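Structure, as structure tokens:
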Amino acid sequence: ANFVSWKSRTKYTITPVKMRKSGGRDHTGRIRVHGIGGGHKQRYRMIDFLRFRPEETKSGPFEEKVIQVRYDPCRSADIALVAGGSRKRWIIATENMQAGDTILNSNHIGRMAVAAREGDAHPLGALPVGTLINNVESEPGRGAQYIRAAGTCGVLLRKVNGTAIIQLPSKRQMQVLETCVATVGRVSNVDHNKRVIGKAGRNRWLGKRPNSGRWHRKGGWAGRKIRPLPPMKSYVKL
Amino acid sequence: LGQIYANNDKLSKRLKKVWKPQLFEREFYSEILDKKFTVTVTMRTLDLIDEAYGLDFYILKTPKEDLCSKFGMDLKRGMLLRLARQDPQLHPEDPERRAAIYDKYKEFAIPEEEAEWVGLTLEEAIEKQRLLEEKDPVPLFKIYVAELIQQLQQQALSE
RNA sequence: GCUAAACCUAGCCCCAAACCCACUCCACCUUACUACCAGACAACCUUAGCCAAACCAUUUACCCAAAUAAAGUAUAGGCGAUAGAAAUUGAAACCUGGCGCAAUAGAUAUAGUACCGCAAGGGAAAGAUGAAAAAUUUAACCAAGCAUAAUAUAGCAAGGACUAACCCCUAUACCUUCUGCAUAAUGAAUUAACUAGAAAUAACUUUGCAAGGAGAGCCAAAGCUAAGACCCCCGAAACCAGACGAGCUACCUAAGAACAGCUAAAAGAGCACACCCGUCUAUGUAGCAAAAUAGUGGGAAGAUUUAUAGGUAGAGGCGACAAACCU
RNA sequence: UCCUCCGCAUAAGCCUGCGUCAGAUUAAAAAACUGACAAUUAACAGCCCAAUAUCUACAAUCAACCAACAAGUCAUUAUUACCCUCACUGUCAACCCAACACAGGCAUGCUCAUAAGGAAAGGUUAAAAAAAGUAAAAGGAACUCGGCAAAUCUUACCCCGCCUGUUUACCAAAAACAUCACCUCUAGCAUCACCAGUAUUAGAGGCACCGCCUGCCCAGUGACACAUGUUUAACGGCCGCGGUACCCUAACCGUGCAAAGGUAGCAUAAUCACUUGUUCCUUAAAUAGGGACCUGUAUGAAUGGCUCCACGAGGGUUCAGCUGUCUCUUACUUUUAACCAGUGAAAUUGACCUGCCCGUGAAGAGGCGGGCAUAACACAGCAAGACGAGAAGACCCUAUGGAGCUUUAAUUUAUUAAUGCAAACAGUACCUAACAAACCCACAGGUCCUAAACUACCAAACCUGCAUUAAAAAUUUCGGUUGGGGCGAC
RNA sequence: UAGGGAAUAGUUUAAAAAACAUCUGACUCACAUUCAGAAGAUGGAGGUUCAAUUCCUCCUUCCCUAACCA
Ligand SMILES: C[NH+](C)c1cc(NC(=O)CNC(C)(C)C)c(O)c2c1C[C@H]1C[C@H]3[C@H]([NH+](C)C)C(O)=C(C(N)=O)C(=O)[C@@]3(O)C(O)=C1C2=O
Ligand SMILES: [K+]
Ligand SMILES: [K+]
Ligand SMILES: [K+]
Ligand SMILES: [K+]
Ligand SMILES: [K+]
Ligand SMILES: [K+]
Ligand SMILES: [K+]
Ligand SMILES: [K+]
Ligand SMILES: [K+]
Ligand SMILES: [K+]
Ligand SMILES: [Mg+2]
Ligand SMILES: [Mg+2]
Ligand SMILES: [Mg+2]
Ligand SMILES: [Mg+2]
Ligand SMILES: [Mg+2]
Ligand SMILES: [Mg+2]
Ligand SMILES: [Mg+2]
Ligand SMILES: [Mg+2]
Ligand SMILES: [Mg+2]
Ligand SMILES: [Mg+2]
Ligand SMILES: [Mg+2]
Ligand SMILES: [Mg+2]
Ligand SMILES: [Mg+2]
Ligand SMILES: [Mg+2]
Ligand SMILES: [Mg+2]
Ligand SMILES: [Mg+2]
Ligand SMILES: [Mg+2]
Ligand SMILES: [Mg+2]
Ligand SMILES: [Mg+2]
Ligand SMILES: [Mg+2]
Ligand SMILES: [Mg+2]
Ligand SMILES: [Mg+2]
Ligand SMILES: [Mg+2]
Ligand SMILES: [Mg+2]
Ligand SMILES: [Mg+2]
Ligand SMILES: [Mg+2]
Ligand SMILES: [Mg+2]
Ligand SMILES: [Mg+2]
Ligand SMILES: [Mg+2]
Ligand SMILES: [Mg+2]
Ligand SMILES: [Mg+2]
Ligand SMILES: [Mg+2]
Ligand SMILES: [Mg+2]
Ligand SMILES: [Mg+2]
Ligand SMILES: [Mg+2]
Ligand SMILES: [Mg+2]
Ligand SMILES: [Mg+2]
Ligand SMILES: [Mg+2]
Ligand SMILES: [Mg+2]
Ligand SMILES: [Mg+2]
Ligand SMILES: [Mg+2]
């Protein structure tokens, strides 16, 4: 009926903002996704997924200092508070990012690839083949949508024709323009998938409601299915 | 909005069926209004405009029940008012060209009084009528000062 | 002798004729009936189904602009059930009447009130002197039920009788339903009131006129016109359409609140109150209660319990699936 | 004298509903009834903010030390604008939701023990039966389906489910569901769910912690690939017939059949032909329970198999004790009861002047036949009959009566998705057989039985119309006969 | 109790064949394997049909399923 999305704020802050739970309902009030509800209250920390974002009056490569690496309730990865110039922002932390580090945000591609340090953001064309990368965008300047979960990384496979081929965490290949930026290394919290929920109630703390008790007979979809990897996804236009 | 028999057999199930027209967004230029309009049309409308030799002829010729659009009837009122007024706002700097347009469509000219009401819905017409009749009341001071003078005037002439 | 009984108005019904309805000062679309701030939200879109077809599946009458007639004809249709024209034809204007009701009737109506329901919605009952009550003193007698006045061997309760109430003799309530009912088969305490056979085809009977009849149409090889005379009541579980419902309950959202003591100390740990639940027993079963009481129990910092406001709506929701819960 | 749940406040709700006076008469008996007249006073509470930009990483927990995860309730600045001051509303009560002056429901604070709030007995008697208690000789589960209830305050185990949790409000709390864990399936991505997430993710499901494992099968049916195929932790399935060591059984032999032939385990029981098997424990006595063995009509591996800690108002077995459960009851108290006084329901009811025995009869008689009995009428008990009352039997059948559910029942694709085609709209076209016969320039070169016609995808993820295939649904039915129906038969 | 299916050499499977078993021989020092020969059955009875391995009807025989609702 009168559902209003909490995601209404328009200016970037690092102040954690209050978010509202959905219970798996859509704006009609009807259940759209089952199994969502409750959990601990959470505040949202706005993550800036555009790593090469020079300040208002600045341009070109710039550096930032990692002020803190901390826990994030809204994602499985850790986040890092970084500061450069007069600006602070939240970013996805890499595996070994720690307070006091300095990270590089670059948009420069040279004849020679750079030495890839973890936590630095470079265009894909500037990185050696085989570098571990995370927080990839599909179009230059779009912002990282791929390889964002804890402990993840892709691999730079090729650099042909001004395009970069990468391997997604699912092992499917993905072609983008070489000017797309990525971050070197793996996402933080590499042991995230070793966590043991332990008891049913801790799933309720995370905002999961129990599965239906209704018994469903398995159908043709069930059972192992060995199918080839899908063909490479290209975001390039010729 | 209608029904159909499945497989065109009356002994089969009767199903609801809606046939919708195929709609295209095209642009059209009016000579009388000297304006381009982006109008949603059917292929039929394009066939009718051709048989009329243009949008101005199509709008001016076709009657209300065959246009079947309030927009077409606003275009008609618009075109008809320029013809009734010989409006000089059409190509202000080309009196010769302007007169060629008005002559081309001289068949459809009607009095300006009638053209104002062409296409109006009943609810628009009443609002037009209500506004024409909207007049502030006359202060009875003015009404009586006229009766008094006329009363004094007539008395003076008699004697 | 009580309780009662009785009543004739209120109004109402169907027609006719005529084309109705406003502010009354103040308030009222927000939580209506609330003097007084920055907006923009805006209407339109084939009914379906019951039912009939003895199932059901195509199909199944629904005023649509003149009475009549053409005509239940042309035609349509699981060519079934049923449905069904048109051309053409062309009668009538004088509102205030009634072989209508009279308080269980006639409007539901003394009133959409009281009352019931969260809401949409559902929805009553009843009055009775007289010219005067600034005359309170004038009538009977009448249902069931009682009272005046309990009762005496034995029996469908009576009948035949009889000097005599009873004793004697004879005698298996009634309705319905059945092959068949005293049946220990149905229904019925009793009184009052209310409460159930509607019409064509043909035929018959009784008139009129008669090779014609009939006040256009329609029939006629004694017909034809007219008339008389004829076919009940209450009852499902359902189906569909549009509204109204999440103050209960299921789940969720926002923002709150509660959780003593003892043990252990990582805590969906133990013991144990408040609190939440409802294992077992008894009680209660028109209750105290349309699910309770007493004891005994399970849990009680948690997937806890709980106040508030909001959300999801029936072809649906919601569901730790019990086909649970949605007043 | 006794009780104490309580009580007092706030919230919500309610709306004058035990103030006075005057009336009637006060209340499931004897004012909270009628009418008038009064009454709650704001400091508590409610009712709030000029604009635009900008600011806002660091929980709470005595916040210190420590230690966490589920990661959290409390904050501005800049510059403009800004003289004006106490309005309005709630305020009562013995109260609200439960048809009631209802033993139920009802949030917070504070006290609880009370300073606050209340009365279990109308009077009597002291029978039964009934309810609630207390006490009980000797015995101590002999009771019983069962130690139910009481008493006491125990032991050991078996099944099932791991565990806390959850459910049929109002007959089921459970072994059912969820669940940590494990595994299968789908998905490469943003501005309204998922998610301000991004494959260590997120959805759809199975199974059920953990430990040991989870065998074989892709023929069929489904999914996926639709090029031979792949896929069981998808739906599912997982062999016979003869003979051979006295018998039993067959390491073994023959033949056949299948996609594979049931593997590991486990098996006298939530499981059971014989069967209450057999044997060892257990009792004096076991159709119980435990341990084994036999071995499976029809045990068996995430439709999970087999062990095991902990746990359970689960089902079952048991030591010790305990006891009125019982042998076998008794006594007393209160309640109820009965009597007096007040007030005053319900279901029920054809009429009744309403015995017994045998017989009869629509096959079980107060009422009929034959006998027998017989003045009349209260009160208390009882429950054998009145086929007692209650609810138009929930069983069963029938009805061309419904409805829910499921499908390889019939009909259908409206809708939805995909696909094709057509419509709409790019937007430009010459691209696959050289063979020197006296004729041929010192070279870019002539002829003979080969020196030809020569549109590219119809021109996007849209929308319309047509088909097509799917998924999801929708509508409708589910014949009869029948020594009841079904089954069989017809 | 009531319906259905099935009886083919000694065996097990076919539509009157095959592999075994048997018999005869060969090979071997002998046996087995192997090789070459040979015999060997349509359950019984009752039919029809131009002809009975698919067909009867019955018997005899073995199996399979069903035996439910109160
Ligand atoms: C009547 N027969 C068919 C039968 C019946 C049942 N059970 C029932 O019918 C139960 N019926 C209910 C469900 C109660 C209605 C049965 O339970 C059984 C059996 C068969 C036997 C066969 C037994 C046999 N031996 C040991 C005597 C044998 O050799 C085998 C065999 N497989 O070869 C067995 O397994 C046997 O022992 C056995 O288990 C049988 C049954 O179980
Ligand atoms: K029917
Ligand atoms: K009888
Ligand atoms: K009877
Ligand atoms: K009866
Ligand atoms: K329980
Ligand atoms: K046993
Ligand atoms: K045993
Ligand atoms: K339990
Ligand atoms: K009795
Ligand atoms: K019989
Ligand atoms: Mg799950
Ligand atoms: Mg499940
Ligand atoms: Mg009978
Ligand atoms: Mg009777
Ligand atoms: Mg009857
Ligand atoms: Mg009766
Ligand atoms: Mg229907
Ligand atoms: Mg506990
Ligand atoms: Mg629940
Ligand atoms: Mg179930
Ligand atoms: Mg069930
Ligand atoms: Mg015993
Ligand atoms: Mg005994
Ligand atoms: Mg007990
Ligand atoms: Mg199990
Ligand atoms: Mg229950
Ligand atoms: Mg409950
Ligand atoms: Mg019930
Ligand atoms: Mg229970
Ligand atoms: Mg389970
Ligand atoms: Mg496990
Ligand atoms: Mg398996
Ligand atoms: Mg085995
Ligand atoms: Mg055993
Ligand atoms: Mg058995
Ligand atoms: Mg067996
Ligand atoms: Mg099995
Ligand atoms: Mg399976
Ligand atoms: Mg455990
Ligand atoms: Mg429990
Ligand atoms: Mg137990
Ligand atoms: Mg003992
Ligand atoms: Mg009886
Ligand atoms: Mg009875
Ligand atoms: Mg009946
Ligand atoms: Mg029917
Ligand atoms: Mg019907
Ligand atoms: Mg049929
Ligand atoms: Mg029948
Ligand atoms: Mg029968
Ligand atoms: Mg049959």
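Labels below follow one simple rule: chain letters A, B, ... track the order of the sequence lines, proteins then strands, and each chain is numbered from 1. Part of the entry, not all of it, is on display, and contacts are counted within that displayed part. In listed order, ligands and their atoms are each counted from 1. Worth knowing before you read on, the calculation uses all heavy atoms, side chains too, and leaves out hydrogens, waters and symmetry mates.
The drug assigned to ligand 1 in the PDB is tigecycline. Contact analysis gives the chain with most pairs under 4.5 Å to tigecycline as the one the PDB entry calls 16S mitochondrial rRNA. With a cut-off of 4.0 Å on heavy atoms, the other chains touching tigecycline are D. Applying a cut-off of 4.0 Å to heavy atoms, one finds the binding site of tigecycline to be D:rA273, D:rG296, D:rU297.
Source organism (PDB) for RNA chain D: Homo sapiens.
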